[PDB]
Amino acid sequence: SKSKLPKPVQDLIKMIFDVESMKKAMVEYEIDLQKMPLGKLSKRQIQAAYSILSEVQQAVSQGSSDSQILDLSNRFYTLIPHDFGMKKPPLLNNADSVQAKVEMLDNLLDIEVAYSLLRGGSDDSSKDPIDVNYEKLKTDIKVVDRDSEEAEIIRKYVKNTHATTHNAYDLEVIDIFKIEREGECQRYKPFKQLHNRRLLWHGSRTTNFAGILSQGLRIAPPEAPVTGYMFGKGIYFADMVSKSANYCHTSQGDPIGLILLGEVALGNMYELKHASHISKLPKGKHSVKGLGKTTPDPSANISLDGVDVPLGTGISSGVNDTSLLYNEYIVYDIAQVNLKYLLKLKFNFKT
Ligand SMILES: C[C@]1(c2nc3cccc(C(N)=O)c3[nH]2)CCCN1
């Protein structure tokens, strides 16, 4: 049998479960596909390299010698085979060297989630593989009509929050999906009535969406170093579409990406101007608002199904000495997010 699902839904299911895209991401990460193939990828190996990556960071900012650093850098490449042939692996002597590797392991974990959904389960050639894979996501995906309503808010949000400093590409909304993860509304119940509930952006590689749609937006594991992130381990969001879009890691050789819209219950925000590698929020706070120089016009804030949408054009926030050009929002409890929409975007590069 053939799939009765709409074509935009089918193309989304093909895109996210692409085994060759998963392999392509792993080569970009310099991983030896002979010693660490796609099917031989494991959660406990990634957890183990995270612990050694925490040990590298523990020594980089503790002013350790380049010889004490080397031993720890080499130990990381032992647990995660990198394809460098018979050459010594690049040394991980700086802070950005480590964050890149902590980000690689976050993306490797969700590739394992995607592949394990696919490789697990049952084999039946009479069923359409697109219909099979869609069911694995345990999510209801519906196409949002362009002549609606909610599609005009979403399109306004995209058109109005593209920053001038992200002018190397333009965006085109290909398809707008309304998404409903099974059990999410119920997980959201303690936060459904909270104050400061906002419709915010979240960008990610297309290789993480089988795990995002199946498991929801998650926080990094305990093995991951908190210093490997600006505001520690939480779920990050932007009010500027282009800030999140930059996280799609789309290029000229891959201009199609996916971005999420989620209802985030922020409540009592712990405003910050500079990096803070927090483990937990201060008493009484529910989120971190990283204050940026530019912010969407607060007078232009709209309401979509009781949630505030910050779709105004960017203006000066009035924030003094801040490390951020634009805002970011971090929640440290997965239950504080309700994924509403999923967009397919075409990145039109000017570069
Ligand atoms: C740097 C980091 C991040 N900062 C963000 C700020 C706004 C939006 C996003 C997003 N993904 O849409 C961000 N992601 C920390 C967690 C992994 N990536």
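In this chain, residues are counted from 1 in sequence order. Computation of the quantities below employed the complete heavy-atom set of this structure, encompassing side-chain atoms and omitting hydrogens, waters and symmetry-equivalent molecules. Counting starts at 1 for both ligands and their atoms, following the listed order.
Drug identified at ligand 1: veliparib.
In the deposited model, the macromolecule with the most close contacts to veliparib is named by the PDB entry as Poly [ADP-ribose] polymerase 1. Counting heavy atoms within 4.0 Å, the binding site of veliparib comprises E103, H202, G203, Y229, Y236, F237, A238, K243, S244, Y247, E328. Counting residues of chain A in contact with veliparib, the top UniProt domain is PARP catalytic. Close contacts between veliparib and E328 involve ligand atoms 6 (C), 7 (C) [criterion: under 4.0 Å to a heavy atom]. Of the residues that UniProt lists as binding NAD(+) in chain A, those with a heavy atom under 4.0 Å from veliparib are: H202, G203, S244. Of the protein's heavy atoms, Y247 OH, 3.8 Å lies nearest to atom 1 (C) of veliparib. Of all protein heavy atoms, the one lying nearest to atom 18 (N) of veliparib is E103 OE2, 3.9 Å. For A238, no nitrogen or oxygen atom sits less than 3.5 Å from a nitrogen or oxygen atom of veliparib, counting backbone and side chain alike. Of the protein's non-hydrogen atoms, the one nearest atom 4 (N) of veliparib is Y236 CD2, 3.4 Å. For atom 11 (N) of veliparib, the closest non-hydrogen atom on the protein side is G203 O, 3.2 Å. Using UniProt's active-site annotation for chain A, the residue nearest to veliparib and its heavy-atom distance to 1 Å are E328, 4 Å. Within veliparib, counting atoms from 1 as listed, the ones closer than 4.0 Å to a heavy atom of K243 are 6 (C), 7 (C).
Of the N or O atoms in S244, one or more lie within a sub-3.5 Å distance of an N or O in veliparib.
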Below 3.5 Å only, please: the N or O atoms of veliparib paired with protein N or O atoms, distance on each line.
residue: veliparib; atom: 11 (N); partner: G203; partner atom: O; Å: 3.2
residue: veliparib; atom: 12 (O); partner: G203; partner atom: N; Å: 2.9
residue: veliparib; atom: 12 (O); partner: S244; partner atom: OG; Å: 2.9

